[PDB]
Amino acid sequence: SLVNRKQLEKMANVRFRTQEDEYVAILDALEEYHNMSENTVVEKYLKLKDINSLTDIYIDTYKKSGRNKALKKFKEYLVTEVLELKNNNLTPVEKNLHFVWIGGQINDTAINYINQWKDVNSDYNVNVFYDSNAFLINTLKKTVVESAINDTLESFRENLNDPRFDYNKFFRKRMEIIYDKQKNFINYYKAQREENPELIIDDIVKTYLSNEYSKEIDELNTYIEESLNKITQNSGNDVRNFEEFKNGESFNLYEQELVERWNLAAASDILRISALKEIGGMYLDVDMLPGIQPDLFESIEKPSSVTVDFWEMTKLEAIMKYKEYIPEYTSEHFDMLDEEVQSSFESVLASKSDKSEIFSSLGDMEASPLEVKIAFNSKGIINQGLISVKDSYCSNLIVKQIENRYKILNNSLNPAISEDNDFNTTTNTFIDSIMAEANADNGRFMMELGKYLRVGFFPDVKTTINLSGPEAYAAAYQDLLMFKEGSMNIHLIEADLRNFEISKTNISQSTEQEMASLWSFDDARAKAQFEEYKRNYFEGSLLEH
Ligand SMILES: O=c1ccn([C@@H]2O[C@H](COP(=O)(O)OP(=O)(O)O)[C@@H](O)[C@H]2O)c(=O)[nH]1
Ligand SMILES: OC[C@H]1CNC[C@@H](O)[C@@H]1O
Ligand SMILES: [Mn+2]
């Protein structure tokens, strides 16, 4: 229990000192809190917030006060009490599974993963969010990148056999051309905006494609129709019918990522938290699988020399080898084990006739009205799994974190874009604005933003995580525990974040599709892509008329 008024009066006592008005305000607010049995969890949190605010006013007003040490201890007690309020007052989570697949047709691989969740959660309504207006974004991005690859290989043909023209130099020159093609597209998009705003994204994208890359609108229309038909058959839920999201102050950010940046991961980041806030339930990336029954492989000991990641992937690969639930699932880890260990997996699985004996169900989940729970890995929290009741306090804090992060980004980036200059010029203008605008609080967040323009086009560019992804979640949890909004300087450690984490039992994260990121790539994949592009040029395109 949080200290009562008598107990704080004892802690912050200063003999023969008159009670300041600001001090009595804290004592009155504390006493009111202890008499809020009839009130909601959010009302109780907002009272604690008020008490923390009144305590900060006292400390800021009377800088040298003898009460200040005890009041700073009381501030620690308020944080502890928020955690007790969070952990002790749970309400049911709406039985909704939310997935997002935007920007193009959904692959059978995504559907096969989604179907594993449906099969062991018969009691759950499933939404696969898609955007009926933007099925051609993945096609636009692929077209433009392929064009920029060809133009780079052509322009630097003479240098391609030179090892000093490495993968890094290739991606730098390609980015110059990609930025000009993206600038050409957005200067086109916003010119066309102010002709017929009753044209959907796919309509304007078809004219860019079947103008300047000579694509067949017959086949593009077929692609849209097959995409709409397929998603409609697989629990499709259209973003364009989600009115609170369309009307809200994050929709412009969604459309920025979807249409200007072609970052479907960032767009999914913005949409998923609005789906949780507005509907409640559990969000999952399409590369996530249900938790494995915790004791399924209890009888098989992990080899000492092998990583946790190797062992978790081998368990899913064993399931898919012998039960074949997901066709064409890799066995690349499982195949590294000798016949003895392989046979132990086979004999464990040979005695199970139903998927419910392999994969666990979510069942009846509960969470705090205050919180959003987040998945985690050895590197920290990750928003590939989220649980929230409808209109949770944290869902609102996360939306506002994302909005504030985009406010700061766009304030420095958008001037540069609008000055019709090339990639490197735009980059330096942007970076100069960042270093000029940086302050003590937000400084560290700034400087994580410098590579924003490169997201999806360069190896090891992860800016999305700092804007719409995990950092926004950590900052929202800091907002909740520090009774404020707009935390930019994150000091939470894993002990703090552990209170907001989804149990490992509720998600299998170590899947085949999880190892293949759709919006980022590492140096090894970059080197291999560069070798692939030179091969397809020298042995393919160069030899053609
Ligand atoms: O063309 C795409 C690519 C990505 N995504 C969304 O972005 C999420 C994150 O993708 P990914 O798992 O590649 O990100 P990572 O786990 O590598 O950070 C996916 O689950 C989708 O909801 C999408 O909707 N369409
Ligand atoms: O924030 C970008 C991405 C980070 N990795 C997990 C994904 O769900 C997310 O979109
Ligand atoms: Mn993933």
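Throughout, residue positions are numbered sequentially from 1 according to the sequence presented. Order of appearance sets the numbers: ligands from 1, and atoms from 1 within every ligand. Every heavy atom of this structure was used, including side-chain atoms; hydrogens, water molecules and symmetry mates were not.
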K.L.:
Of all chains in the model, which has more heavy-atom pairs under 4.5 Å to ligand 2 than the rest, named as the PDB entry has it?
P.N.:
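The chief chain, as the PDB entry names it, is Glucosyltransferase TcdB.
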K.L.:
Tell me the name of the drug molecule at ligand 2.
P.N.:
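It's afegostat.
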K.L.:
Can you tell which of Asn383, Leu284, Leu264 gets a heavy atom nearest to atom 4 (C) of afegostat (ligand 2)?
P.N.:
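Among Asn383, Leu284, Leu264, the closest heavy atom to atom 4 (C) of afegostat (ligand 2) belongs to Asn383.
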K.L.:
Around atom 10 (O) of afegostat (ligand 2), find the nearest protein heavy atom and jot down its residue, atom name and distance.
P.N.:
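I find the closest protein heavy atom is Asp269 OD1, 2.8 Å.
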K.L.:
What protein heavy atom lies closest to atom 3 (C) of afegostat (ligand 2)? Include the residue and the distance to one decimal.
P.N.:
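I find the closest protein heavy atom is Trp519 NE1, 3.8 Å.
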K.L.:
Consider every N or O of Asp285 and every N or O of afegostat (ligand 2), then say whether any pair is closer than 3.5 Å.
P.N.:
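Indeed, backbone or side chain, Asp285 has an N or O that close.
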K.L.:
Per the deposit, which organism was chain A derived from?
P.N.:
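According to the entry, Clostridioides difficile.
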K.L.:
I'd like to check which afegostat (ligand 2) atoms, numbered from 1 as shown, lie under 4.0 Å from a non-hydrogen atom of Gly469.
P.N.:
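Answer for afegostat (ligand 2): 1 (O).
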K.L.:
May I ask you to check whether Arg272 has an N/O atom sitting below 3.5 Å from an N/O atom of afegostat (ligand 2)?
P.N.:
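Yes; the residue has a nitrogen or oxygen that sits under 3.5 Å from a nitrogen or oxygen of the ligand.
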K.L.:
Any chance you could list the binding-site residues for afegostat (ligand 2)? Cut-off is 4.0 Å, heavy atoms.
P.N.:
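Counting heavy atoms, it is made of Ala265, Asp269, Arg272, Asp285, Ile382, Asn383, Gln384, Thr464, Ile465, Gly469, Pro470, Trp519.
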